[PDB]
Amino acid sequence: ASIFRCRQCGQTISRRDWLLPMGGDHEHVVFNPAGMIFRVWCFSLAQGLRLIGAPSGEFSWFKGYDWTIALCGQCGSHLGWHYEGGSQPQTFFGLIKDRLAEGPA
Ligand SMILES: COc1ccc([C@@H]2CNC(=O)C2)cc1OC1CCCC1
Ligand SMILES: [Zn+2]
């Protein structure tokens, strides 16, 4: 259980070692304006994604950060968001926990 793959296709995405304690915890439970709930895990780093469009501040769940949608690079599944434009760290990834599968390296 040290690495994370896309649950839908197996693409390698991130690692447990890359989890990022944001505001005290790597886990945040948040809602979008369409009322969908997400269990978001924060990572310092991820790979195998494809970032779509340019960043937006609108409805950002993390103060001072702008988001871009992050799809699985391989299958297109929506895995989370890349955050940028902030401070300490400047950037990070918020990934949806139930869209990842955890397993050996
Ligand atoms: C599942 O969709 C989405 C769900 C959630 C957000 C978040 C709101 N606050 C954040 O920190 C990002 C953006 C989305 O993408 C939208 C942009 C255009 C259509 C959908
Ligand atoms: Zn995938």
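Here chain A follows the PDB entry for its numbers: 19-123, in order, are the residues you see. As the structure lists them, so they are numbered: ligands from 1, and atoms in each ligand from 1. Every heavy atom of this structure was used, including side-chain atoms; hydrogens, water molecules and symmetry mates were not. Header says: X-ray crystallography, 2.0 Å.
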Which pharmaceutical agent is found at ligand 1, per the PDB annotation? rolipram
Could you tell me the main partner of rolipram (ligand 1) here, using whatever name the PDB entry has for it? Cereblon isoform 4
Using a non-hydrogen cut-off of 4.0 Å, what is the binding site of rolipram (ligand 1)? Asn50, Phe77, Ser78, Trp79, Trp85, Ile87, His96, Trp99, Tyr101
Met54 to rolipram (ligand 1): N or O pair under 3.5 Å? no
Recorded source of chain A in the PDB: Magnetospirillum gryphiswaldense
To check your reading of the model: name the closest protein heavy atom to atom 11 (O) of rolipram (ligand 1), its residue, and the distance in Å. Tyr101 OH, 2.7 Å
Nearest non-hydrogen protein atom, atom 4 (C) of rolipram (ligand 1): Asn50 ND2, 3.3 Å
Heteroatom proximity flag, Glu76 to rolipram (ligand 1), N/O under 3.5 Å: no
With atoms numbered from 1 as shown, which atoms in rolipram (ligand 1) lie under 4.0 angstrom from a non-hydrogen atom of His96? 1 (C)
Looking at atom 14 (C) of rolipram (ligand 1), what's its closest protein heavy atom, distance included? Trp99 NE1, 3.7 Å
For rolipram (ligand 1), which other ligands or ions have an atom under 4.0 Å away? none
To which protein heavy atom is atom 17 (C) of rolipram (ligand 1) closest, and what is the distance rounded to 0.1 Å? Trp85 CH2, 3.7 Å
What are the atoms of rolipram (ligand 1), with element, lying closer than 4.0 Å to any heavy atom of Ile87? 15 (O), 17 (C)
Rolipram (ligand 1) N/O within reach of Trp79 N/O, cut-off under 3.5 Å: yes
Atom 9 (N) of rolipram (ligand 1) [closest protein heavy-atom partner, distance rounded to 0.1 Å]: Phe77 O, 2.7 Å
Return yes when at least one protein heavy atom is under 4.0 Å from atom 19 (C) of rolipram (ligand 1), and no when none is. no
